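Sequential numbering from 1 along the given sequence is applied to the chain's residues. Hydrogens, waters and symmetry mates are skipped; everything else that's a heavy atom, side chains included, is used. For ligands, and for the atoms within them, numbers begin at 1 and follow the listed sequence.
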Amino acid sequence: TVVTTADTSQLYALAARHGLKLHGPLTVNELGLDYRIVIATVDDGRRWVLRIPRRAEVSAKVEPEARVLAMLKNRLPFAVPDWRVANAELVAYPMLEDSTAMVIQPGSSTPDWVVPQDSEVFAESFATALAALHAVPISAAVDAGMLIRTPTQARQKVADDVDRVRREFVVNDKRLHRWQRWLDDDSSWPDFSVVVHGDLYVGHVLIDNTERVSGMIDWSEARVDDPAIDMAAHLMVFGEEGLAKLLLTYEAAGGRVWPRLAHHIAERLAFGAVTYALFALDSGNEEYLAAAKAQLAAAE
Ligand SMILES: CO[C@H]1C[C@H](O[C@H]2[C@H](C)[C@@H](O[C@@H]3O[C@H](C)C[C@H](N(C)C)[C@H]3O)[C@@H](C)C[C@]3(CO3)C(=O)[C@H](C)[C@@H](O)[C@@H](C)[C@@H](C)OC(=O)[C@@H]2C)O[C@@H](C)[C@@H]1O
Ligand SMILES: Nc1nc2c(ncn2[C@@H]2O[C@H](COP(=O)(O)OP(=O)(O)O)[C@@H](O)[C@H]2O)c(=O)[nH]1
Ligand SMILES: [N+]
Ligand SMILES: [N+]
Ligand SMILES: [N+]
Ligand SMILES: [N+]
């Protein structure tokens, strides 16, 4: 006998209650604070991804995300998870086998690999994939019951997140002034909203062998909101030079821009500290809280 992290008996039973017969190799990730993620082989010879909600509050998010993915399936020139199982105890989809555009071993803080900066195919295809996403009609989002934020609601959300952080944490004075200046800087904010992925960075982008964008995963934050939400992580990973490339191609591909968009993206990236801190707070995890407080108190 060998102790293994996965409880195969329980996993089999859970999957079989929803029409999936597990058989063969699997792999498990318990790092997630909200889901257990298992990649398992099924009797169709295929790997499937099991997204297992940990708690009732997480389960409640399954049905609205299912509606999002159902709408998005035909409206994107790349793959998204096909939630053939979607219920409160289990989400399951056939694995999109293409690699993520960042590879990182579970538990590690350092990736093994990130698609290279000088990958022209990745840069170009990510820019056109993003333009396609942001071109999904708002009417389709509304019909799918998505969370919708007008430009005013988008700005208010940011203000509310900042204010929650200010109530709960002690924040570096220059940071606070930075966020407030941004919130007051009318020229920075867009006068429209788009369908956004909401958690978009190289870790949630899939690429084929040639490094062409072939899919996106983890759509749990998707909504109609500020387009720049989906560009801040590109700036973080690929820098200003990469952002500049992104924005030229994005616009050429029909993505709607505005004059201070690059500025706004950098301000959105700074605002990541708020997002992180609220994630830390809402999780109650002490290591995440320690990191968040340290960051918030630190000069940028
Ligand atoms: C654009 O701004 C980003 C910038 C940066 O975005 C992150 C990212 C993706 C965050 O994940 C996101 O964290 C939020 C709180 C929740 C979110 N989803 C679960 C919902 C999750 O994906 C991380 C904090 C994940 C985390 C904690 O394990 C790490 O510390 C890991 C080691 C992380 O540094 C690396 C993998 C680097 C290479 O990733 C990048 O920097 C991207 C750009 O951190 C975010 C807070 C900002 O929103
Ligand atoms: N290549 C690939 N990896 C996947 C797929 N689904 C999940 N993953 C991996 O599983 C990890 C975490 O899964 P995810 O759905 O993000 O869990 P969450 O972050 O808790 O919402 C991802 O970051 C991927 O590495 C998929 O279809 N294809
Ligand atoms: N606005
Ligand atoms: N969600
Ligand atoms: N969520
Ligand atoms: N969302």
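- Of the listed drugs (reserpine, oleandomycin, naquotinib), the one at ligand 1 is oleandomycin.
- The main binding partner of oleandomycin (ligand 1) here is, in the terms of the PDB entry, Macrolide 2'-phosphotransferase.
- Heavy atoms within 4.0 Å of oleandomycin (ligand 1) belong to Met102, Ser109, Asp199, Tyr201, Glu221, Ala232, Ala233, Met236, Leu269, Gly272, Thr275, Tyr276, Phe279.
- Less than 4.0 angstrom separates atom 35 (C) of oleandomycin (ligand 1) from none of the non-hydrogen atoms of the protein.
- For atom 42 (C) of oleandomycin (ligand 1), the nearest protein heavy atom lies under 4.0 Å away.
- Distance remark: protein heavy atom present below 4.0 angstrom from atom 18 (N) of oleandomycin (ligand 1).
- Of all the atoms in oleandomycin (ligand 1), the ones that sit under 4.0 Å from a non-hydrogen atom of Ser109 are 32 (C).
- The shortest N/O to N/O separation between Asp199 and oleandomycin (ligand 1) falls below 3.5 Å.
- In terms of protein heavy atoms, atom 5 (C) of oleandomycin (ligand 1) is closest to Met236 SD, 4.1 Å.
- Within a 4.0 Å radius of atom 26 (C) of oleandomycin (ligand 1), the protein contributes no heavy atom.
- Checking atom 31 (C) of oleandomycin (ligand 1) against the protein gives no heavy-atom contact under 4.0 Å.
- Distance check for atom 46 (C) of oleandomycin (ligand 1): a protein heavy atom is found below 4.0 Å.
- Nearby ligands and ions of oleandomycin (ligand 1), counting only those under 4.0 Å: none.
- Each of the following atoms of oleandomycin (ligand 1) lies closer than 4.0 Å to a heavy atom of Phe279: 15 (C), 16 (C).
- In the entry, the organism recorded for chain A is Escherichia coli.
- Residue-ligand proximity, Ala233 to oleandomycin (ligand 1), at heavy-atom distances under 4.0 Å covers atoms 1 (C), 43 (C).
- Atom 10 (C) of oleandomycin (ligand 1) lies below 4.0 Å from none of the non-hydrogen atoms of the protein.
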